Amino acid sequence: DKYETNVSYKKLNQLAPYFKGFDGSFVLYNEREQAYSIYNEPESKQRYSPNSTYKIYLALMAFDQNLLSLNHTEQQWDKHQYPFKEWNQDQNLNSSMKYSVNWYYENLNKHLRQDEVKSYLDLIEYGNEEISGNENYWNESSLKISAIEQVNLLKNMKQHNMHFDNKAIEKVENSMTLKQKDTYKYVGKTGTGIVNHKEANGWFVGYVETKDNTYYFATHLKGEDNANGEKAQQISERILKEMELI
Ligand SMILES: *C(=O)[C@@H](NC(=O)c1c(-c2ccccc2)noc1C)[C@@H]1N[C@@H](C(=O)O)C(C)(C)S1
């Protein structure tokens with residue numbers, strides 16, 4: 001599925017070497033100039049399972065539904081042993097996001113009404129809005145979003161155009177804050193998805209907020225293997241340093 005937009009963008013073709021091994025895309029939005037820059041425009045419109053980057057909105061939804069309160073984000077670990085040790089304990093919003101603990105977000109979804117969620121995705125324009133596929137519709141399932149839409153949503157959230165509480169947004173933003181300096185705030189969320197037993201869907205979405213601007217971005221990777229959140233973030237970090245933002 002494909003996101004249709006005839007928005008203008010600066011071409012970022014010389015980012016191609018960063019995507020060696022991948023069908024990848026990089027979208028930047030410059031809040032002040034109100035301007036997109038894109039490596040690989042066709043790939044920037046292709047919709048893919050957002051995977052773990054969906055946790056961001058799943059969190060905003062749980063807040064809005066008073067499923068999460070500002071001083072109540074803690075969830076009990078039910079004692080199931082996972083392949084990654086960070087998951088094998090109680091979590092709060094911050095840790096759940098830092099370690100990408102799926103069960104935290106699967107509990108959030110389990111307690112939201114599918115129809116409230118459908119309504120949210122309609123409001124926020126979350127890609128194809130297909131949550132019909134399975135229970136974990138955001139994991140290599142029916143729900144798909146493009147790198148450019150990932151940027152539009154972050155921008156819309158941060159410019160308070162989503163009907164979510166400002167403190168809800170602040171909490172969610174804090175949970176994905178990777179670096180906090182005098183001169184910038186650096187926020188992001190990774191995503192990995194497996195198809196055909198290979199890491200084939202890599203996301204890193206976020207933004208850098210400086211003292212006079214905010215540069216929202218999304219990097220997406222598609223490839224035979226090693227297309228993962230970590231690689232996507234590594235690629236994004238290189239690109240962002242080279243534009244001199246991080
Ligand atoms: C979100 O994307 C989560 N991903 C998965 O559950 C997942 C994986 C997977 C691949 C490799 C290792 C662990 C899980 N394959 O398909 C899916 C749907 C979690 N977030 C990821 C991230 O990149 O931030 C992980 C790798 C931490 S798991």
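All residue numbers in this chain count up from 1 along the given sequence. For the numbers below, each heavy atom of this structure counts, side chains included, while hydrogens, waters and symmetry mates do not. Whatever order the structure lists them in is the order used to number ligands and atoms, beginning at 1.
Sitting at ligand 1 is the drug oxacillin (bound form). Against oxacillin (bound form, ligand 1), the chain with more heavy-atom contacts than any other is given by UniProt as Methicillin resistance mecR1 protein.
Within 4.0 Å of oxacillin (bound form, ligand 1) on heavy-atom distance sit the residues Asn51, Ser52, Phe84, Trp87, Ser100, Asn102, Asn139, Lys189, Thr190, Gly191, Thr192, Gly193, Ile194, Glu199, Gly229. Each of the atoms 2 (O), 18 (C) of oxacillin (bound form, ligand 1) lies under 4.0 Å from some heavy atom of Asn51. In terms of N/O distances under 3.5 Å, oxacillin (bound form, ligand 1) is approached by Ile194. Short contacts between oxacillin (bound form, ligand 1) and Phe84, defined as distances under 4.0 Å to a heavy atom of the residue, involve ligand atoms 12 (C), 13 (C). In this structure, the protein non-hydrogen atom closest to atom 24 (O) of oxacillin (bound form, ligand 1) is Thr190 OG1, 2.6 Å. Remark: oxacillin (bound form, ligand 1) and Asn102 share an N or O pair separated by less than 3.5 Å (distance only, no angle test). Between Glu199 and oxacillin (bound form, ligand 1), a contact under 3.5 Å exists for no N or O pair. Scanning all protein heavy atoms for the shortest distance to atom 27 (C) of oxacillin (bound form, ligand 1) gives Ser100 CB, 3.9 Å. The model tethers oxacillin (bound form, ligand 1) through a covalent bond to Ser52 OG. For atom 13 (C) of oxacillin (bound form, ligand 1), the nearest protein heavy atom lies closer than 4.0 Å. Residue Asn139 has no N or O atom closer than 3.5 Å to an N or O atom of oxacillin (bound form, ligand 1). Close approach of oxacillin (bound form, ligand 1) to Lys189 (heavy-atom distance below 4.0 Å) involves ligand atoms 24 (O). Between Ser52 and oxacillin (bound form, ligand 1), a contact under 3.5 Å exists for at least one N or O pair. Against a heavy-atom cut-off of under 4.0 Å, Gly193 is close to the following atoms of oxacillin (bound form, ligand 1): 15 (N), 16 (O), 17 (C).
Atom 28 (S) of oxacillin (bound form, ligand 1) has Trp87 CZ2, 3.8 Å as its closest protein atom, hydrogens excluded (heavy atom only).
Protein heavy atom nearest atom 26 (C) of oxacillin (bound form, ligand 1), with residue, atom name and distance: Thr192 OG1, 3.7 Å.
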